[PDB]
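The next PDB entry has danusertib among its components.
Residue numbering restarts at 1 for every chain, and letters A, B, ... go by the order of the sequence lines. Note that ligands are numbered from 1 as they come in the structure, with each ligand's atoms numbered from 1 the same way. Worth knowing before you read on, the calculation uses all heavy atoms, side chains too, and leaves out hydrogens, waters and symmetry mates.
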Amino acid sequence: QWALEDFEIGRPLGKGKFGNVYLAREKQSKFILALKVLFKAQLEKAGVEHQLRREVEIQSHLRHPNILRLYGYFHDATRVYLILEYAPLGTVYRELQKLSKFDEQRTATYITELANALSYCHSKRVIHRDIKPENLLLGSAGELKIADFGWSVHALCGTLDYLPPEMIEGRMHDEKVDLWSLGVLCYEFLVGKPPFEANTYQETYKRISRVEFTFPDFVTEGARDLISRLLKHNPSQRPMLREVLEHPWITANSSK
Amino acid sequence: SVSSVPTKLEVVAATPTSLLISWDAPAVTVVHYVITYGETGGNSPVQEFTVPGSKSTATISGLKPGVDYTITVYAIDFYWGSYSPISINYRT
Ligand SMILES: CO[C@@H](C(=O)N1Cc2[nH]nc(NC(=O)c3ccc(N4CCN(C)CC4)cc3)c2C1)c1ccccc1
């Protein structure tokens with residue numbers, strides 16, 4: 001249905017690894033969308049064209065207020081195009097750089113939004129979503145939007161810092177990886193940096209595999225409780241997403 | 001609407017009953033080209049065959065002499081499907 005001729009290409013919102021993302025207007029209604037461009041020659045040289053083809057199909061089925069809508073995709077001789085929902089407030093990473101760290105009301109609200117989105121994904125048997133701050137966009141109301149396609153986003157890597165112990169050892173994993181990621185993100189929101197950050201890969205690996213981290217003195221007991229419940233080495237000991245949404249620190253501080 | 005693959009489709013040689021067509025291939029790999037042809041009058045049926053993506057020419061044979069024909073070619077991307085077509089007319 002959707003084709004390139006249906007859109008007027010506006011200003012660039014930013015550059016990805018494989019091409020630019022443009023503000024776009026559907027010609028007939030002037031509805032504001034985002035047009036993502038990925039060069040085929042670059043996709044093939046990186047060996048991610050197959051991965052992109054598979055993941056556009058996956059993302060097209062995910063309908064949730066905190067997941068960025070992928071409305072369709074098309075191509076020409078040199079480019080693949082994605083028609084995406086427009087998130088006007090940018091990445092939560094840039095907000096975190098601006099504020100240094102988020103207060104508990106802002107953090108707990110973000111965590112609620114992501115726990116809702118991750119529960120929806122799990123209901124579709126889709127797991128391990130990319131919820132690093134650099135890959136999360138913000139809607140017009142300041143609500144988070146999961147983007148995934150993290151390999152297509154221009155930046156050291158943040159992936160390692162968010163991987164649970166079962167993934168860094170390349171073992172079989174389940175939906176509990178998203179609970180660990182939630183705990184890593186809740187810490188980074190409140191502290192301003194991820195909990196297992198280290199200056200080498202082996203050091204970061206050691207910190208994750210041992211779940212070695214500390215809290216700054218200002219992190220409150222409720223926040224420590226939630227984060228510590230999520231950062232369990234044994235995935236089956238991590239809570240259900242419903243327990244996160246009902247955690248006392250979440251319900252006392254979330255506006256959602 | 002703005003682009004098509006292939007581009008610059010043309011008849012380079014002909015007999016009373018056959019056409020040799022040629023086109024410009026893009027940089028990206030193409031699985032194959034879909035070639036359709038039929039009497040331009042719109043009443044006769046359209047015939048279709050495929051040609052491997054490594055080719056840039058094809059022969060259309062079994063044509064009637066002194067008849068207007070419409071020839072259409074579009075490529076197929078392995079991952080992203082068909083491209084927009086390009087059409088030409090030729091009188092045998
Ligand atoms: C590279 O792909 C894009 C992508 O797919 N996308 C799809 C999609 N939809 N909406 C988007 N918005 C922006 O790129 C953007 C950037 C800055 C912006 N401002 C900067 C500061 N604000 C205070 C004012 C407004 C506002 C919007 C994107 C990017 C991507 C980028 C980052 C994370 C994930 C994906």
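- The chief contact partner of danusertib in this model is named by UniProt as Aurora kinase A.
- With heavy atoms closer than 4.0 Å, the chains neighbouring danusertib read A.
- Residues of other chains with a heavy atom under 4.0 Å from danusertib: A:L13, A:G16, A:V21, A:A34, A:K36, A:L68, A:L84, A:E85, A:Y86, A:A87, A:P88, A:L89, A:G90, A:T91, A:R94, A:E134, A:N135, A:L137, A:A147, A:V153.
- Lab note: nearest UniProt active-site residue of chain A to danusertib, heavy atoms, 1 Å precision, A:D130, 8 Å.
- Close approach of danusertib to A:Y86 (heavy-atom distance below 4.0 Å) involves ligand atoms 9 (N), 10 (N).
- Within danusertib, the atoms closer than 4.0 Å to a non-hydrogen atom of A:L84 are 5 (O), 7 (C), numbered from 1 in the order shown.
- In summary, the atoms of danusertib found under 4.0 Å from a heavy atom of A:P88, numbered by their order in the structure, are 25 (C), 26 (C).
- Geometrically, danusertib and A:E134 share no nitrogen or oxygen pair separated by less than 3.5 Å.
- Close approach to A:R94 involves these atoms of danusertib, each under 4.0 Å from a residue heavy atom: 20 (C).
- Close approach to A:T91 involves these atoms of danusertib, each under 4.0 Å from a residue heavy atom: 32 (C), 33 (C).
- With respect to atom 34 (C) of danusertib, the closest heavy atom belonging to the protein is A:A147 CB, 3.6 Å.
- Between A:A87 and danusertib, at least one pair of N/O atoms sits closer than 3.5 Å.
- From the protein, the heavy atom lying nearest to atom 30 (C) of danusertib is A:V153 CG2, 4.4 Å.
- Of all UniProt domains in chain A, the one holding most residues touching danusertib is Protein kinase.
- Less than 4.0 angstrom separates some heavy atom of A:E85 from each of these atoms of danusertib: 8 (C), 9 (N), 10 (N).
- According to the entry, no covalent attachment of danusertib to a chain is modeled.
- UniProt lists residues of chain A as binding ATP; of these, a heavy atom under 4.0 Å from danusertib occurs in A:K36, A:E85, A:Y86, A:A87, A:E134, A:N135.
- Close approach of danusertib to A:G90 is summarised as follows: ligand atoms under 4.0 Å from at least one heavy atom of the residue are 15 (C), 16 (C), 17 (C), 18 (C), 26 (C), 27 (C).
- Nearest protein neighbour of atom 28 (C) of danusertib, counting heavy atoms only, is A:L137 CD1, 3.5 Å.
- Looking only at heavy atoms of the protein, atom 22 (N) of danusertib is closest to A:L89 O, 3.9 Å.
- At least one N or O atom of A:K36 sits closer than 3.5 Å to an N or O atom of danusertib.
- Protein heavy atom in closest approach to atom 14 (O) of danusertib: A:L13 CB, 3.6 Å.
- Remark: minimum distance from atom 3 (C) of danusertib to any protein heavy atom is reached at A:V21 CG2, 3.9 Å.
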